[PDB]
Amino acid sequence: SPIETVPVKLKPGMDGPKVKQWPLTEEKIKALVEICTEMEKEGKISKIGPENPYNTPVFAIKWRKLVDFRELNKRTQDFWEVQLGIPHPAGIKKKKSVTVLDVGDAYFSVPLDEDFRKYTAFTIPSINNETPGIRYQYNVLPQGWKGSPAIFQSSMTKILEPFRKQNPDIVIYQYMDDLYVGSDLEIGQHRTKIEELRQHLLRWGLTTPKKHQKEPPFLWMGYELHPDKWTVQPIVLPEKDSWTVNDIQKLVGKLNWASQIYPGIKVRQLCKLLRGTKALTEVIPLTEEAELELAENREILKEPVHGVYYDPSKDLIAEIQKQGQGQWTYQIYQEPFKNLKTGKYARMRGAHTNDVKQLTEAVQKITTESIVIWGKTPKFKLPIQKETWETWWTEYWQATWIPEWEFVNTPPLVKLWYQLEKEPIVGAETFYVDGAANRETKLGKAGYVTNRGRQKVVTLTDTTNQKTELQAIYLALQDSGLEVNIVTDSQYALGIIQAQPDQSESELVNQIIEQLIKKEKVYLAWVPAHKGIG
Amino acid sequence: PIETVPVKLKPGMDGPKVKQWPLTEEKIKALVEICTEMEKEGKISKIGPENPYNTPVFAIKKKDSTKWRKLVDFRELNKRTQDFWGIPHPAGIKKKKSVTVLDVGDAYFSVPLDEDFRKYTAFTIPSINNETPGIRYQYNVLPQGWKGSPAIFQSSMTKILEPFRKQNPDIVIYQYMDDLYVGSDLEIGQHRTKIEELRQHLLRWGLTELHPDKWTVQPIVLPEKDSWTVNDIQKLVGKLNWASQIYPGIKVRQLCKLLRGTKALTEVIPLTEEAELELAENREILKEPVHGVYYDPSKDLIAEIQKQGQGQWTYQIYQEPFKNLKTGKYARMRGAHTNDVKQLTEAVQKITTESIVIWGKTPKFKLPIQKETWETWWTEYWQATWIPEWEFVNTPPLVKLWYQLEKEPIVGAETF
Ligand SMILES: CC(C)=CCOc1cc(NC(=S)c2ccoc2C)ccc1Cl
């Protein structure tokens, strides 16, 4: 072609590949000898001679051909990332017409930096490793070579510039060997322009085909794309009578992907089947509950989920629900009930945190996503009162934020499970708690003594020092009335005061939190340990 | 329109390969414009895929403009770029009544960049939803935000300034990145007017309110109370005890003897004469910054920030723990009430400029924010040509409680 080549080079100080030509039968050689005389005439390759010390093994599977560039590739320089981030159905706009042009064969239509070609040398074996084999090399981007994807696209980009300029109201998406061309022109004008494009391309040697011709809807990321809207490619759950772990994991994976689009999907009981499995091929019988939810899911999945595309002229709204502790669901739409996208985030589990914090996190993940999809952030409708937000955030130790949002009374609402008092409680009993353990024998004591004369101690075995300290706080909570002042020298209690977590990785802390939540007033105070403090 | 100087990366260093972070539509539209223009003006050229480097780029709205400015994050490239051993720090700059900052980044485009170094300036304009490939460019001229620009352009900058410097030798001019910090004691009126005089001058080539003498270092003020309760003393003792890591003469022995017994948290305690004096000696120690603290040009400058709440923030600049070079409080700027990120951002910029004015270098920040929160939004409120380094931390409860104690004005900074 008359396309300028891209200057390619080998990684820092490496030399081209020298892997020996795998041995083949006469049937396989006569076939490759065939295919290569073809490519050779199509200008795709060039018979070279002894002036080449490089080589790549050529194979023959059906009689087609396959060149293994694993070696050349590992020696080839790196190119700037070839579009790895693809479009999401929720972000594209509806089109009157969309046509996909298979410019696949164009892979072998783009010239290869003449200087680099020598490295693509390969050998068609001899009938019996007797006489010298047939030597060749590529003049174009080799199928399976590292720089082909990047170079093919950049080349496609240059070529498409003029056309793109001349036809602003026409969108062309380049992906792999395809060109999805969309537009809002009358179908005849569209068809006309596709032909103009097809020709323009033809001008650069890029020939595109009615038979292979692809038509809408299109399969993309698990959606079926129609010009006016999208649908989810129906997902089928293999009804079986013998489930191995592989079957069960794969299943859970697909169900996991479905929870994004379909409401009510559940895998809790199916995941239970994975416990203590001794091998992938191990057959695990489905419990009753597993047989059950796997049944409801088959149903939920029979429901047709359809969607809509992005209309720039309308608002972008994002609604969030708290389907359980740490679990969040959301749907983004412009017009009520016509979603662009939906999804949910894996149960957020951490060392220690709170629901309002988690919320802001779900909010930032959506925002990061939205900026990518629409280059704008959705207006949020959150299940939390503006007061709850103002109270929490304005005082939290960590910087946090939520873009423009509005409250929506869709229970369950996210709230503050408790709030430590800001000042000691007059008239409330004051527990002076303390815990201590031998870090090596794991033996400890936990207890308290109050200004009111109440006291208690407990001996613990196989415990840690932090646990005794917390258990001391726990007992105080357990044994006090609705209002209590608790003083401790526990450094961990210092974190609890600052962060006021409503969820933790520590079961003990969680037990403490359940107590905190239950009290009407709790003042937690910290003092340094080993002082004149009694 | 001159010859170019051979620049290289530090030995063993390869070019940046930083991913472009996602941009809003507005931001992308502005860059496309700004970039086709510079392309036409020959300042940048589209590049191939054979160039593997990349640097994040984005757009800001500098003070007073609806026009977007292209801002590139050359932090990575800067660190990789060789050294030029710029100008030493004019210690005097930090002692001026008034200091004004000027953006002279536009002077660099008038200078060609070594062709051999261009590959490394590769940047990419993303596309919404990835429907269009990214628009790859690289620079042909000195870029704003790259440490090499103010360096190479030093000789030309000094020349163009001498006249003003001599006409006004009582004025100090220090350049940092794309910035120029002009400091003088002239009254605000004769100052700002003297600035434009400099502008006009600086202007005839192609170029277009700080008070260092008021960045006083503040003392910790321990509470004084008519009557003290068990809790008051405890809160107190805990802070003082922490504080003893800075001032070893601070003691809570006598006070902790009052915390003997299991009395109610709200019960009043009589302060023994020993306790009384103990507090007095402590208040005296805290009457001044700890001795022996000197800045070290060979050390990294650190800037820690704590969120105090209600739009309040505290920071400390040090190189070694508990040996602050400076500390202070920061109140949110009007129109930022509901935005933690905007407030923090504004603070980072304020502290960095101070750090620049004082030591002529930026501090590495310890920020009380989650990485994602910051990365998602800091750019929306950024206005400086430079970008400091940062790390995300968890604020220790005590550090916040201690600096919460700093002294504030009797009334404030009064002016009708
Ligand atoms: C992601 C993908 C393969 C899209 C092509 O299919 C469609 C694309 C659009 N609308 C847009 S904005 C368009 C047209 C060509 O390329 C794009 C990205 C609408 C419907 C379908 Cl069926």
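Every chain is numbered from 1 and lettered A, B, ... according to where its sequence line falls, protein lines coming before strand lines. The header says X-ray crystallography, 2.4 Å. Heavy-atom basis, side chains included; hydrogens, waters and symmetry copies ignored. Each ligand, and each atom within it, is numbered from 1 in the order the structure gives.
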K.L.:
Which drug does the model show at ligand 1?
P.N.:
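PDB records call it UC-781.
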K.L.:
Mind checking which chain UC-781 touches most? I'd like its name from the PDB entry.
P.N.:
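The chain with more contacts than any other is Reverse transcriptase.
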K.L.:
At a 4.0 Å heavy-atom threshold, what other chains are in contact with UC-781?
P.N.:
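Other chains, by heavy atom: A.
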K.L.:
Tabulate residues with any non-hydrogen atom nearer than 4.0 Å to UC-781.
P.N.:
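The binding site of UC-781 (heavy atoms) is A/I92, A/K93, A/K95, A/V98, A/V171, A/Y173, A/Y180, A/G182, A/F218, A/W220, A/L225, A/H226, A/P227, A/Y309.
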K.L.:
Give me the nearest non-hydrogen protein atom to atom 21 (C) of UC-781 as residue plus atom name, then the distance to 0.1 Å.
P.N.:
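Closest protein heavy atom to atom 21 (C) of UC-781: A/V98 CG2, 3.8 Å.
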K.L.:
Can an N or O of A/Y309 be found at a distance shorter than 3.5 Å from an N or O of UC-781?
P.N.:
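No, there is no polar N/O contact under 3.5 Å.
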K.L.:
Nearest to atom 6 (O) of UC-781, what protein heavy atom do you find, and at what distance?
P.N.:
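For atom 6 (O) of UC-781, the nearest protein heavy atom is A/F218 CD1, 3.6 Å.
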K.L.:
For atom 22 (Cl) of UC-781, what's the nearest protein heavy atom and its distance?
P.N.:
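Going atom by atom, the protein heavy atom closest to atom 22 (Cl) of UC-781 ends up being A/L225 O, 3.3 Å.
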K.L.:
Give the residue and atom name of whichever protein heavy atom lies nearest to atom 19 (C) of UC-781, and the separation in Å to one decimal.
P.N.:
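The closest heavy atom on the protein side is A/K93 O, 3.2 Å.
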K.L.:
In UC-781, which numbered atoms sit nearer than 4.0 Å to a non-hydrogen atom of A/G182?
P.N.:
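Answer, ordered by atom number: 14 (C), 15 (C).
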K.L.:
Return the closest protein heavy atom for atom 13 (C) of UC-781 as residue, atom name and distance.
P.N.:
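Result: A/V171 CG1, 3.7 Å.
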K.L.:
Among all protein heavy atoms in this structure, tell me which lies nearest to atom 2 (C) of UC-781, with the distance rounded to 0.1 Å.
P.N.:
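For this ligand atom, the closest protein heavy atom is A/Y173 CD2, 4.0 Å.
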K.L.:
Could you find the nearest protein heavy atom to atom 8 (C) of UC-781 and give me its residue, atom name and distance?
P.N.:
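For atom 8 (C) of UC-781, the nearest protein heavy atom comes out as A/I92 CD1, 3.7 Å.
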K.L.:
What label does the deposit attach to chain B?
P.N.:
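According to the deposit, Reverse transcriptase.
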K.L.:
Of all the non-hydrogen atoms in the protein, which one sits nearest to atom 15 (C) of UC-781, and at what distance?
P.N.:
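Ranking protein heavy atoms by distance from atom 15 (C) of UC-781, first comes A/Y180 O, 3.1 Å.
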K.L.:
If you look at each N/O of UC-781, which protein N/O atoms lie under 3.5 Å away, and at what distance?
P.N.:
unit_1: UC-781; atom_1: 10 (N); unit_2: A/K93; atom_2: O; d: 2.7
unit_1: UC-781; atom_1: 16 (O); unit_2: A/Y180; atom_2: O; d: 3.4

